[PDB]
K.L.:
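Consider the following structure, which includes 10-1074.
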Amino acid sequence: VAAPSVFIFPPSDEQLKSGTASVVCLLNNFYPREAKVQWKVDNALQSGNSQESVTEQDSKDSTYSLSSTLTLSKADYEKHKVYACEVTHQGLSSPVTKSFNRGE
Amino acid sequence: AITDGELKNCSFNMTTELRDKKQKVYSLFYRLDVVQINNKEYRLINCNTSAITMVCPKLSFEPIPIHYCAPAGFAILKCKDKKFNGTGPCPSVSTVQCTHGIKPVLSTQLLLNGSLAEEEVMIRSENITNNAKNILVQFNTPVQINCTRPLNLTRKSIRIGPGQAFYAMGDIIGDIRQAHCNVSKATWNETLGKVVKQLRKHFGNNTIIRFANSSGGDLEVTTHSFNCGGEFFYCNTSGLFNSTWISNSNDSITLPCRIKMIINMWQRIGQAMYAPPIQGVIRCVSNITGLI
Amino acid sequence: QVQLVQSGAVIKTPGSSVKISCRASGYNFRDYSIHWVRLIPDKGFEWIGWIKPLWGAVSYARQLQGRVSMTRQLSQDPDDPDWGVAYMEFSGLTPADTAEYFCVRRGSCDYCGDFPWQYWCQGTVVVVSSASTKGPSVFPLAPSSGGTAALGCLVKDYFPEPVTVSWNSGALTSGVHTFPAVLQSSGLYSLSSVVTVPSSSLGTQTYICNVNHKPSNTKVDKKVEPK
Amino acid sequence: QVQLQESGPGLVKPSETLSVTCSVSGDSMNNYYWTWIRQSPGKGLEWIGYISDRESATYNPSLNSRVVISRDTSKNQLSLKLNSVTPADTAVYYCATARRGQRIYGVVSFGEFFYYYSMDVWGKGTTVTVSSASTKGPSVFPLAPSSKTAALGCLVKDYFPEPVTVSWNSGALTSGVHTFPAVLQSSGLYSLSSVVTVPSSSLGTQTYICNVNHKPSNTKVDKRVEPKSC
Amino acid sequence: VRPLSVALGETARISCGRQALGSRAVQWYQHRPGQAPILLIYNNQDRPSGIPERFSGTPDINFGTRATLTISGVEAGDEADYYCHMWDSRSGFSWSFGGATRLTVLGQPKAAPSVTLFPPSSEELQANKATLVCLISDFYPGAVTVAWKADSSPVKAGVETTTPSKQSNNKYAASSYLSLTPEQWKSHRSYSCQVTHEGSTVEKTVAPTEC
Ligand SMILES: *[C@@H]1O[C@H](CO)[C@@H](O[C@@H]2O[C@H](CO)[C@@H](O[C@@H]3O[C@H](CO[C@H]4O[C@H](CO[C@H]5O[C@H](CO)[C@@H](O)[C@H](O)[C@@H]5O)[C@@H](O)[C@H](O)[C@@H]4O)[C@@H](O)[C@H](O[C@H]4O[C@H](CO)[C@@H](O)[C@H](O)[C@@H]4O[C@H]4O[C@H](CO)[C@@H](O)[C@H](O)[C@@H]4O[C@H]4O[C@H](CO)[C@@H](O)[C@H](O)[C@@H]4O)[C@@H]3O)[C@H](O)[C@H]2NC(C)=O)[C@H](O)[C@H]1NC(C)=O
Ligand SMILES: *[C@@H]1O[C@H](CO)[C@@H](O[C@@H]2O[C@H](CO)[C@@H](O[C@@H]3O[C@H](CO)[C@@H](O)[C@H](O[C@H]4O[C@H](CO)[C@@H](O)[C@H](O)[C@@H]4O)[C@@H]3O)[C@H](O)[C@H]2NC(C)=O)[C@H](O)[C@H]1NC(C)=O
Ligand SMILES: *[C@@H]1O[C@H](CO)[C@@H](O[C@@H]2O[C@H](CO)[C@@H](O[C@@H]3O[C@H](CO)[C@@H](O)[C@H](O)[C@@H]3O)[C@H](O)[C@H]2NC(C)=O)[C@H](O)[C@H]1NC(C)=O
Ligand SMILES: *[C@@H]1O[C@H](CO)[C@@H](O[C@@H]2O[C@H](CO)[C@@H](O)[C@H](O)[C@H]2NC(C)=O)[C@H](O)[C@H]1NC(C)=O
Ligand SMILES: *[C@@H]1O[C@H](CO)[C@@H](O[C@@H]2O[C@H](CO)[C@@H](O)[C@H](O)[C@H]2NC(C)=O)[C@H](O)[C@H]1NC(C)=O
Ligand SMILES: *[C@@H]1O[C@H](CO)[C@@H](O[C@@H]2O[C@H](CO)[C@@H](O)[C@H](O)[C@H]2NC(C)=O)[C@H](O)[C@H]1NC(C)=O
Ligand SMILES: *[C@@H]1O[C@H](CO)[C@@H](O[C@@H]2O[C@H](CO)[C@@H](O)[C@H](O)[C@H]2NC(C)=O)[C@H](O)[C@H]1NC(C)=O
Ligand SMILES: *[C@@H]1O[C@H](CO)[C@@H](O[C@@H]2O[C@H](CO)[C@@H](O)[C@H](O)[C@H]2NC(C)=O)[C@H](O)[C@H]1NC(C)=O
Ligand SMILES: *[C@@H]1O[C@H](CO)[C@@H](O[C@@H]2O[C@H](CO)[C@@H](O)[C@H](O)[C@H]2NC(C)=O)[C@H](O)[C@H]1NC(C)=O
Ligand SMILES: *[C@@H]1O[C@H](CO)[C@@H](O[C@@H]2O[C@H](CO)[C@@H](O)[C@H](O)[C@H]2NC(C)=O)[C@H](O)[C@H]1NC(C)=O
Ligand SMILES: *[C@@H]1O[C@H](CO)[C@@H](O[C@@H]2O[C@H](CO)[C@@H](O)[C@H](O)[C@H]2NC(C)=O)[C@H](O)[C@H]1NC(C)=O
Ligand SMILES: *[C@@H]1O[C@H](CO)[C@@H](O)[C@H](O)[C@H]1NC(C)=O
Ligand SMILES: *[C@@H]1O[C@H](CO)[C@@H](O)[C@H](O)[C@H]1NC(C)=O
Ligand SMILES: *[C@@H]1O[C@H](CO)[C@@H](O)[C@H](O)[C@H]1NC(C)=O
Ligand SMILES: *[C@@H]1O[C@H](CO)[C@@H](O)[C@H](O)[C@H]1NC(C)=O
């Protein structure tokens, strides 16, 4: 077993100037492939606006990555403040979150 | 621009599907297979007497070992004496069901892919002092050869009748080059060091032994004939048989070589064959085991 | 050698119809049956049909009635019997017909059946998508300022695939991750591509994401730096 | 290593033996094969013919037999002589040398190769035209400076056969010296105008003579620029 | 003969146009207008001294791939004609060049004009001629107009130019001679030199008492 180094990539103005921005949770260098990666918008559970992809087991490290997205409209991101993800594994004894409050 | 030509580019009429309509077709015939009538107008070498039968394309002529076997009530006896010059008693005899597999190869002046001797070179003739008898030579070690046709060719598909086509030479995709064969020089000069050595036990020690080249004839007997790869090579061997003997690395001998595709084997009256062209360049490797 | 050359890669719109050819050689083409199978990306294999040469007798699946049709082309040469060409027309395309089609022959046998499949063609992908050809843009990814951190870019809303993305043109290869193409957001794909570097070099170097969408001749280069 | 200068009269009359002589230094001319190429204006380039070291004479089968090359080894002077010249022989003449190569593609001593050449020294070119006109001496007037750097100039009016060479300080001034095309007169003549940048703190000091050369009319000119209050 | 056009820095590709047969030995030249040709590629692959390393032929080709010239990055002084000289084995002795392509580069700066002014030279005002001369340069592009008004009135008589043409510094030029006389000077108070580029006009004025 191993532990992925959790990130949170903030919603840039580079995509919100087009009207749909990308809040990107990003896990790297873990095994097993299964994971329960959740997310929250202003501390509230959303759905139906995500496309999550896994990768394959590498030939050198034999590990995995994961990248989820949370694509909303431009009215919806500036409406809220507290953006955070949730990470949960067999190999973690505690739920890990990281944050990026919007505007702060 | 003529340096020394080989191919000729021709033109003629040929029937289409419907046998009342005529069209212009061309081909690329060698100059040995084309003779002159009188811009200019030519024709094939044997429209007088012979019916040139095109060898089927589904055929394949190739050396494959034939074992000669005797039916019941008969047996074949094999000598195993290693000094057997060809006549008289053989003190070591063993009955065999079927002989070893000889590979039928039809060549002249040199014996290709043959069977080797055992200890030394074996010189072998009938009435040695008689001139008209040939002298069979057999080697104990093979002498390798490398042969090629270094120009690339394709095939046309000029039809003749319903279901029966005809193949001809179409294009020279590349560059015009002469077909040739290599014999190594240091192996050939040592293989003649043995044939001279045991000729002198039949004639005399203090004699001078020389090799000349030829004195005339057709291409079948002045040169070295093959049958390799589907084509018929006639190589000029005046560079091998040229040396004297006086009783005391990598440089190969090149042999220039001609090609013709209308052959008449055994010279039967009014009969001739035809070899269809091979698509692509040709490569051959062979051993020389013996002389005549 | 028993060769089975299948062609070729097709992109079509829904409602259309595709014809896929399958050239065979190295055996007598008038003797052996030729199966057609389809490999769904999330349902597994599916047997389309079955053609027998020398007369052209065919049979299909029963869920693919009224749409598929297949025939052949017999070589007529008395001096070359060993080649032949098969065909297949698969009409009534919808986006759920996108998969990879195969043209599968059996092997020589004494005690077995017809369906054991020995010689396999390379396959071809038939894409059915109403999206039109569109270039990718590029959008940078970085932290604001010890421990390693993800630089990267986002290559969003292109059609069709594949995008080949290199880094600093192109020697920065270690620590480089790519994701498979994110699925259709209104018919368009995206690619995530992130590179892990220690966080000291973020404030030192300028990093480049080299998008190369070849079917549209689009090429973009975003600089990635801690903003 | 090898230095090549072209010489030749600017105007010759039609139906006359042309002569272009190639000044050669270095004396390494007997390691090379010599040739001439030409560009009739408005076309690409075309060769003329080969002279060897053993003097094997070949020429292009796109001209007639009216071409002859001679080569001297004593004065080291090549010669080109187009006989029975016409206005079709209006071109620019480059003298050139070439080495030999051979691209072997098979067995050597069966003759399976060919030769290929390439050119290594480029000359300076001589321009020759053909007409029944005669050579006209110029009318040269040096142009005075202005008060700014400063604008030194010269005029060569009434000259044909063209081009014109204009230099300065008896050839010794090469900094800031440039000429433009001599503008075509309607009278069939040409008027060169020169432009030379000199500082004004120096231009009113040294002996600025408009230096011209003219080989086809056989005249040399040296006239002094005079100062003026522009 | 044949144009070609890439941007400054963009990789130029020049196919020859000689359907070569057999074995070949291609040569490429730089014929830069105003000078003599320059042997770029020798025997398919050799770049002699005096040729920059940004030019390279095709050394790695087997039998049947078309020879093409690859210029990596183009500098301003690289507009020239690029002849492909191609000898073969299935042809005679080859005396035809075959073209060629002119790499005319785009994205070149910039039109920044000037006029150089020249007097009525007092040595031939006594011979009843005027040496009013403008000498114009420093362009890109170089298709430029020169003009000469009689204080508001356009004159065209006595004026002779050429076409525009390049300098050595990769910018264009335009020059002009005027056959005015001291009868044609003193009729008007002044003449004025006019140069236009792309709609913009340079105005310079002269006089017999202010040159
Ligand atoms: C019977 O025996 C006979 C004799 O024993 C055999 O006859 C021989 O037949 C072959 C053909 O099958 C002939 O080969 C040809 O010879 C050319 C002449 O060679 C000159 O240059 C030699 C350079 O030596 C180097 O290279 C060779 C091979 O590359 C190598 O063996 C040697 O050790 C050394 O590394 C020099 O040694 C010779 O003495 C000659 O001076 C030879 O150049 C030909 O090769 C050409 O052409 C072919 C086809 O065009 C190309 O594929 C080759 O790559 C090569 O072309 C290269 O050079 C050209 C410039 O001339 C370029 O245009 C090409 O692009 C290419 O350039 C690349 O490769 C070069 C090699 O590194 C580099 O320098 C370049 O920069 C590029 O990378 C051709 O092979 C023999 O000459 C001939 N021998 C005799 C004595 O006549 C006969 O075959 C035998 N028959 C049988 C059936 O066995
Ligand atoms: C003396 O003995 C030697 C040793 O056997 C013999 O050399 C053999 O020659 C045959 C010529 O048929 C070679 O067979 C060919 O080998 C090549 C190698 O790549 C194959 O490509 C060939 O396959 C083709 O065969 C037909 C030709 O048209 C086609 O119908 C077919 O589809 C293939 O295209 C073919 O197998 C054989 O390999 C060599 N042997 C060795 C060990 O190399 C030589 O011929 C003998 N001397 C004489 C004069 O016969
Ligand atoms: C091939 O080998 C055989 C046997 O090894 C050779 O046969 C031998 O030939 C010689 C010829 O002179 C015979 O010698 C003669 O014998 C008779 C009596 O038979 C005698 O009258 C003569 O004076 C002379 O001695 C010899 O007998 C014979 N060998 C045997 C075993 O009979 C044959 O010559 C060899 N072939 C060649 C071409 O050398
Ligand atoms: C085609 O090649 C042949 C073979 O060289 C040329 O044949 C010549 O024919 C004339 C006719 O009498 C002979 O005198 C010559 O001796 C032959 N050989 C040579 C080398 O000239 C023939 O000339 C060629 N075809 C044409 C149209 O020239
Ligand atoms: C042999 O001759 C034929 C014609 O007699 C040549 O075929 C011609 O090739 C040219 C190529 O420049 C084509 O434009 C013509 O249309 C061809 N003619 C026909 C009837 O097809 C052929 O190239 C010659 N072969 C060789 C090796 O020289
Ligand atoms: C068919 O045979 C005739 C007769 O030999 C050949 O014509 C030539 O005839 C004269 C007189 O009869 C002989 O002196 C010549 O030697 C003959 N020429 C040749 C080449 O043999 C005719 O050429 C022959 N045709 C064919 C296709 O071989
Ligand atoms: C002889 O010529 C044939 C063409 O007639 C050559 O075959 C080609 O080879 C190239 C290189 O592998 C392929 O790209 C082509 O597809 C081939 N053409 C065909 C029709 O198959 C062949 O390589 C040549 N042989 C030699 C020794 O040069
Ligand atoms: C005939 O051709 C064969 C290749 O088919 C040659 O064998 C090669 O010889 C060289 C030089 O000794 C070796 O480096 C190679 O390893 C040999 N090839 C193999 C497969 O062993 C042979 O030398 C040629 N013979 C002659 C007389 O030229
Ligand atoms: C080898 O045989 C050739 C012919 O098979 C002989 O060649 C002749 O040589 C003489 C010189 O003595 C020439 O005048 C003839 O023209 C040649 N004949 C041909 C057909 O060209 C040669 O003499 C023989 N011997 C040697 C040592 O080469
Ligand atoms: C077989 O090859 C020999 C040479 O290896 C040929 O002899 C040459 O014949 C020509 C014809 O006059 C001469 O020009 C050459 O000088 C000869 N070569 C030598 C080395 O003397 C011989 O002619 C060839 N055989 C045939 C039938 O042509
Ligand atoms: C042609 O000669 C070669 C050389 O003898 C044969 O190849 C083998 O060569 C090795 C040498 O390392 C010998 O030990 C073998 O006995 C040879 N024969 C075999 C069958 O391996 C080659 O076989 C000869 N060609 C034919 C048709 O017999
Ligand atoms: C072969 O070798 C012998 C002995 O070394 C030598 O006398 C002879 O000149 C060589 N060459 C030929 C062609 O016999
Ligand atoms: C010839 O040489 C052989 C070699 O051993 C010898 O036995 C024989 O007696 C010799 N003959 C003569 C006549 O010298
Ligand atoms: C025949 O022998 C002589 C004398 O050794 C030699 O010069 C000549 O080249 C030989 N002939 C051939 C065709 O090699
Ligand atoms: C068909 O039944 C026979 C009965 O012996 C059996 O041997 C064979 O394996 C069966 N075929 C298949 C394809 O299962």
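Chain letters run A, B, ... following the sequence lines, proteins first, then strands; residues in each count from 1. What you see below is based on every heavy atom in this structure, not just the backbone, and it leaves out hydrogens, waters and symmetry mates. Portion of entry displayed, and contacts counted within that portion, nowhere else.
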K.L.:
What are all the ligands or chains assigned to 10-1074?
P.N.:
chains D and E
K.L.:
To what macromolecule is 10-1074 (chains D and E) bound in this model, taking the chain with most contacts, per the PDB entry?
P.N.:
Envelope glycoprotein gp120
K.L.:
Just wondering, which other chains does a 4.5 Å heavy-atom cut-off pick up around 10-1074 (chains D and E)?
P.N.:
B
K.L.:
So which chain of 10-1074 (chains D and E) has the most heavy-atom pairs under 4.5 Å with chain B?
P.N.:
chain D
K.L.:
What does the PDB entry report as the organism for chain B?
P.N.:
Human immunodeficiency virus 1
K.L.:
Can you give the epitope of 10-1074 (chains D and E) on chain B, defined by heavy atoms less than 4.5 Å apart?
P.N.:
B:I172, B:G174, B:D175, B:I176, B:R177, B:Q178, B:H180, B:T254, B:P256
K.L.:
Tell me which residues of 10-1074 (chains D and E) have heavy atoms closer than 4.5 Å to chain B.
P.N.:
D:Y105, D:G106, D:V107, D:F110, D:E112, E:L21, E:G22, E:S23, E:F63, E:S89, E:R90
K.L.:
Quick one: what name does the PDB give chain E?
P.N.:
10-1074 Fab Light Chain
